[PDB]
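Quick look: BAY 1217389 on Dual specificity protein kinase TTK.
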Amino acid sequence: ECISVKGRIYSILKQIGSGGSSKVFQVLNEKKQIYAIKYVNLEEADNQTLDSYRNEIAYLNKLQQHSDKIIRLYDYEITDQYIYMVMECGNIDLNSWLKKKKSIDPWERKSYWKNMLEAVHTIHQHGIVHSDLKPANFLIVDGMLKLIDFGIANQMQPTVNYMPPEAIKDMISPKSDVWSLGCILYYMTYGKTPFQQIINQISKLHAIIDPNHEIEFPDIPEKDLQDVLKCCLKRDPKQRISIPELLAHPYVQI
Ligand SMILES: COc1ccc(Oc2cc(NCCC(F)(F)F)c3ncc(-c4ccc(C(=O)NC5CC5)c(C)c4)n3n2)c(F)c1F
């Protein structure tokens, strides 16, 4: 019912995430302030798991200085037995927010886009490619989006719809994250991801890599947004827009 880390006591309001050897709790400290604590049980864990968990805290810790669109890490306790990570708690994950919304304020959708670009840009400048970017991986906190993780440990959970063609064709570059950001932006403008409607999964992966399968970009008022989506959703990573290009794009600048 309570969690201690580097002395201090947090009371559990509830569990919010799960996977493999870990749990995430929404939590209060003694001044009744809210945090997310991640718990990782290490007693039964492979060295490939441990290394991933160590790499994650190292990276999360270094990236704090670089951008406020990365989740804050206040403190952590690491032992042969466990990890506790005390991190900022958000209002809601972007996936659960998207399922509520009847529709999105176009100026809200742009503001989020910017936030996602700045987060992912920051991890790219430290030589990290997330590779598994879904809306679940972003947090709304003070009307801004913050990236939650780095693709370095991958157990945690609150689809194959966000998968770039080249990750499937590989029997990966930063351009891989542009595809998935493109799928999230497409979801935010059309109320679906591009291959949402394809029903079975084997048939989805066929669509994602098949050149003859054209994606539909319906006419919308925001001609720029349409351009961002068509550039993010090119199957050829080499012909696909980069993050530094995306930040110079009229959609975020004009
Ligand atoms: C991909 O795995 C997950 C994705 C989204 C999740 O949802 C949420 C939802 C939050 N909303 C507050 C909702 C509340 F409390 F009001 F119900 C929230 N606040 C801080 C963190 C949070 C912060 C850090 C991390 C984390 O593990 N980051 C990695 C160390 C870099 C995680 C998984 C969640 N989250 N996470 C989740 F629980 C996951 F495990």
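In chain A, numbers come from the PDB entry; the residues present are 516-673, 686-698, 711-793, in order. Remember, it's 1-based here, ligands and their atoms both numbered in the order they're listed. The figures here come from the full heavy-atom set of this structure, side chains too, leaving out hydrogens, waters and symmetry mates.
- Every copy of BAY 1217389 considered, the relevant parts of the structure are ligand 1.
- In this structure, residues within 4.0 Å of BAY 1217389 (heavy atoms) are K529, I531, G532, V539, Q541, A551, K553, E571, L575, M600, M602, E603, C604, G605, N606, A651, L654, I663, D664, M671, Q672, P673.
- The PDB entry names the source organism for chain A as Homo sapiens.
- For chain A, a heavy atom less than 4.0 Å from BAY 1217389 occurs in the following UniProt ATP-binding residues: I531, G532, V539, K553.
- Nearest protein neighbour of atom 35 (N) of BAY 1217389, counting heavy atoms only, is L654 CD1, 3.7 Å.
- Each of the atoms 38 (F), 40 (F) of BAY 1217389 lies under 4.0 Å from some heavy atom of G532.
- Looking at atom 16 (F) of BAY 1217389, its nearest protein heavy atom turns out to be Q541 NE2, 3.1 Å.
- The atoms of BAY 1217389 that sit less than 4.0 Å from any heavy atom of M600 are 30 (C).
- Most residues of chain A that touch BAY 1217389 lie in the UniProt domain Protein kinase.
- The ligand atoms of BAY 1217389 that sit less than 4.0 angstrom from a heavy atom of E603 are 20 (C).
- Checking UniProt active-site residues of chain A against BAY 1217389, the nearest one by heavy atoms (to 1 Å) is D647, 7 Å.
- Among protein heavy atoms, the minimum distance from atom 1 (C) of BAY 1217389 is reached at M671 O, 3.5 Å.
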